[PDB]
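A, B, ... follow the sequence lines: proteins, then strands. Residue 1 opens every chain. Values reported hereafter were calculated over all heavy atoms of this structure, with side chains retained and with hydrogens, waters and symmetry mates removed. Order of listing sets the numbers, starting from 1, for every ligand and every atom in it.
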Protein chains: 2
Amino acid sequence: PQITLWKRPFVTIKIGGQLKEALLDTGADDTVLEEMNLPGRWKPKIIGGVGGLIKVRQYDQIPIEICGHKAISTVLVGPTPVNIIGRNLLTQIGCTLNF
Amino acid sequence: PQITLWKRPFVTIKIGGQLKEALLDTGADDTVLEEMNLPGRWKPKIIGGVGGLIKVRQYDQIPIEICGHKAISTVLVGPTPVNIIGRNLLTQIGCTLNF
Ligand SMILES: CC(C)CN(C[C@@H](O)[C@H](Cc1ccccc1)NC(=O)O[C@H]1CO[C@H]2OCC[C@H]21)S(=O)(=O)c1ccc(N)cc1
């Protein structure tokens, strides 16, 4: 389908056995979620946004259900103010911008 | 047009006779541009994202052109690391997300 942008484009995602709301964010390179538990190995990384840098945990090959797709993605976990779906996952579900 | 998200979605914008590169960002409520001079009244605004908050200047009713689509829109100016086109302008040019 098609999603307009008068409202913040939140979608429900299923990850780590949890249901979460996350913002579809074409301005994000990466998918970044608030503090949560995920299984498996991780490595720490620094990322930066509008306000400066934060430390995140990088989990690879994490299954995510989003917009009717069964995806597998890298997920960063850390102190973001909002769960964000970045282009790494938007590309994987065939999402595009159109005007 | 239609824009894939395998690369960052930068487009050329025209504002006040200036050409700039800006990110089409569905995660941003409002357009925010790197430090520049604009005419007319402004008021301070706080915005927030990854890494914290920044103070910006809010200018209303500024003409901006994107890929031949003209809008009159609110433009925030301040210490963003990148020029960002937000939902307030994306809606005015008819931009949607498509799966
Ligand atoms: C965190 C979002 C809810 C809001 N942001 C827009 C977002 O697209 C920024 C836009 C952005 C882009 C580059 C640099 C700074 C901000 N991207 C971002 O923080 O992504 C980070 C995770 O992926 C990495 O890729 C880029 C930075 C990392 S924001 O830049 O803070 C912002 C907030 C409010 C307004 N009006 C305008 C912009």
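PDB records give the name of the drug at ligand 1 as darunavir. Measured by close contacts, the chief partner of darunavir is listed under the PDB entry as Protease. At a heavy-atom cut-off of 4.0 Å, the other chains in contact with darunavir are listed as A, B. Residues with a heavy atom within 4.0 Å of darunavir: A:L23, A:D25, A:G27, A:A28, A:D29, A:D30, A:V32, A:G48, A:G49, A:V50, B:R8, B:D25, B:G27, B:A28, B:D29, B:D30, B:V32, B:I47, B:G48, B:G49, B:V50, B:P81, B:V82, B:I84. Given atom 6 (C) of darunavir, the protein heavy atom at minimum distance is B:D25 OD2, 3.0 Å. Taking a cut-off of under 4.0 Å to the non-hydrogen atoms of A:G49, the atoms of darunavir that pass are 15 (C), 19 (O). Scanning the protein for heavy atoms near atom 16 (C) of darunavir, the closest one is A:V50 N, 3.8 Å. Protein heavy atom closest to atom 24 (C) of darunavir, with residue, atom name and distance, is A:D29 N, 3.6 Å.
Distances below 4.0 Å separate heavy atoms of A:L23 from the following atoms of darunavir: 3 (C).
Distances below 4.0 Å separate heavy atoms of B:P81 from the following atoms of darunavir: 14 (C), 15 (C). Within darunavir, the atoms closer than 4.0 Å to a non-hydrogen atom of B:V32 are 37 (C), numbered from 1 in the order shown.
Counting protein heavy atoms only, atom 35 (C) of darunavir is closest to B:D30 O, 3.7 Å. Atoms of darunavir found under 4.0 Å from any heavy atom of B:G27 (numbered from 1 in listed order, with element): 2 (C), 3 (C), 4 (C). Each of the atoms 26 (C) of darunavir lies under 4.0 Å from some heavy atom of B:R8.
Among protein heavy atoms, the minimum distance from atom 38 (C) of darunavir is reached at B:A28 CB, 3.6 Å. Every atom of darunavir is numbered from 1 in the order shown, and the set under 4.0 Å from a heavy atom of B:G48 is 31 (O), 33 (C).
Atom numbering of darunavir starts at 1 in the shown order; those under 4.0 Å from a heavy atom of B:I84 are 10 (C), 30 (O). Annotation: atom 13 (C) of darunavir to nearest protein heavy atom, B:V82 CG1, 3.7 Å.
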